[PDB]
Amino acid sequence: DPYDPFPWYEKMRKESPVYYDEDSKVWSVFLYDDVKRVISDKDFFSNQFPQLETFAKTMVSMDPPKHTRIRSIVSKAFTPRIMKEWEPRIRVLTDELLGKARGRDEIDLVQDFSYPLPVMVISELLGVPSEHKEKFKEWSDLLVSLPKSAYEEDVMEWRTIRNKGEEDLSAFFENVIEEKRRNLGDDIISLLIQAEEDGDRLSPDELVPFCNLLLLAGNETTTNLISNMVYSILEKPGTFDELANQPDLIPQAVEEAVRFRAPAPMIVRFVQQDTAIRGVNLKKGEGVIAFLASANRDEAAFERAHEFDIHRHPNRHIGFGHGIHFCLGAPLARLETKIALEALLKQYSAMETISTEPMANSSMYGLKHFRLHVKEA
Ligand code: HEM
Ligand SMILES: C[C@]12CC[C@H]3[C@@H](CCC4=CC(=O)CC[C@@]43C)[C@@H]1CC[C@@H]2O
């Protein structure tokens with residue numbers, strides 16, 4: 001199924017590690033060392049997108065020196081001491097969410113927990129008032145939505161609805177930013193307005209797209225990370241109990257979950273200058289797809305790479321990327337995923353995988369549905 005691409009990754013890692021897809025004229029790297037270099041060697045592999053212009057005004061499609069300046073300003077709202085300030089608040093949202101599924105022996109992890117949590121957390125951290133939370137969730141859904149099919153009529157119908165959602169969401173953020181200027185709070189928008197690098201501040205044209213990027217890059221990744229982590233835990237007997245009895249292994253397990261079932265399987269780069277990888281030449285301009293999922297299953301990088309080992313420490317996966325584009329939200333994803341698993345391991349003494357349905361999203365590795373038989377404590 002689409003939830004087991006790993007045999008194919010292993011095949012590619014052994015048969016065509018650096019593969020050229022003649023049809024699309026795009027490269028694909030699967031070896032850990034090759035993927036690591038493609039996503040980190042900024043001098044030879046760029047993030048800028050020449051042609052085919054969902055990421056464009058964000059720092060994801062930027063290179064230095066433009067990227068460096070915005071990255072150093074947005075980093076001030078995600079420091080370790082800021083993460084500790086959010087912890088208690090995220091714990092309350094999590095308990096409220098898990099609490100609603102009390103009184104049932106079967107739950108759907110996605111619809112009842114993993115999908116709504118990240119939206120609820122980012123909404124709360126962005127200072128979205130409770131009266132506008134329902135409308136904010138709709139906008140977010142439209143932002144991370146994909147068309148029914150590749151049929152051009154279906155694609156054009158979707159673009160119109162998604163472009164209006166983006167316009168209304170952007171306008172909503174535009175007004176919130178101005179309102180927060182005269183009444184600053186502890187919300188991320190308030191923090192970004194006050195952030196300054198020698199007097200250099202983000203403008204409204206850079207602030208609004210960054211807010212959209214937080215939803216775009218953190219909603220489904222976190223949702224899938226939680227889903228994939230729970231699936232990996234229940235897949236290996238005794239692990240659920242092991243984590244419940246020794247709760248300080250959870251962060252390590254979260255890192256192993258990112259290595260075992262990375263929610264973002266591949267990252268995209270564009271050749272900046274002529275170079276080579278494992279006897280094969282890549283010409284400047286060609287698109288490269290670095291498969292993080294395959295790199296984290298590489299047998300030459302990890303011992304017993306096909307086994308979920310919650311005791312691996314340090315974990316050198318590159319599931320959050322590597323280099324100047326290292327996921328800005330990793331501290332929040334790590335915090336949010338830990339709390340989610342802590343809540344599950346406290347509210348339930350036993351959980352059993354009933355059925356799963358993979359997320360149909362091509363560029364994503366996660367579950368649409370995760371039916372679980374559960375026993376409350
Ligand atoms: C939940 C698990 C997540 C995973 C596995 C993940 C993965 C990644 C990866 C691999 C990149 C590198 C992109 C590149 O090199 O082109 C990235 C970038 C980024 N992520 Fe995440 N992400 C996650 C969650 C989040 C969250 C929760 C947020 C925000 C709250 C977030 C915000 C960002 C941003 C802003 C960037 C751009 C960094 C830059 O371009 O400098 N991500 N993410
Ligand atoms: C990794 C990522 C999800 C997948 C994105 C990636 C940007 C590049 C990209 C190009 C595509 O056209 C498909 C999605 C991908 C592969 C995103 C940047 C951060 C986000 O989490």
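Starting from 1, each residue takes its place in the sequence as its number. Computed from heavy atoms alone, side chains included, the values below leave out hydrogens, waters and symmetry copies. Whatever order the structure lists them in is the order used to number ligands and atoms, beginning at 1.
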(message) Hey, what drug is sitting at ligand 2?
(response) testosterone
Worksheet item: For testosterone in this structure, which bound macromolecule has the most atom pairs within 4.5 Å, going by the PDB entry?
Response: Cytochrome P450 monooxygenase YjiB
* Which residues lie closer than 4.0 Å to testosterone by heavy-atom distance? -> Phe55, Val60, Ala217, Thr221, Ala264, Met266, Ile267, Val268, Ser363
(message) Counting non-hydrogen protein atoms only, what is the nearest one to atom 5 (C) of testosterone? Give residue, atom name and distance.
(response) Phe55 CE1, 4.1 Å
| Interfacing atoms of testosterone (cut-off 4.0 Å, heavy-atom, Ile267) | 1 (C)
- Task: Would you mind running through testosterone and noting each atom that sits below 4.0 Å from a heavy atom of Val268?
- Result: 8 (C), 9 (C), 10 (C), 16 (C)
message = Strictly inside 4.0 angstrom of atom 16 (C) of testosterone, do you find any protein heavy atom?
response = yes
>> I'd like to check atom 12 (O) of testosterone in this structure: does the protein have a heavy atom lying under 4.0 Å from it?
In response: no
(request) Specify the protein heavy atom at minimum distance from atom 19 (C) of testosterone: its residue, its atom name, and the distance to 0.1 Å. (result) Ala217 CB, 4.2 Å
Got a protein heavy atom sitting under 4.0 Å from atom 3 (C) of testosterone? no
Atoms of testosterone, numbered as shown, that sit under 4.0 Å from any heavy atom of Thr221:
21 (O)
Nearest-contact summary for atom 14 (C) of testosterone - protein heavy atom, Å: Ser363 OG, 3.5 Å
### Query
Hey, which atoms in testosterone end up nearer than 4.0 Å to a heavy atom of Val60?
18 (C)
Original post:
What other ligands and ions have an atom less than 4.0 Å from testosterone?
Top reply: ligand 1 (protoporphyrin IX containing FE)
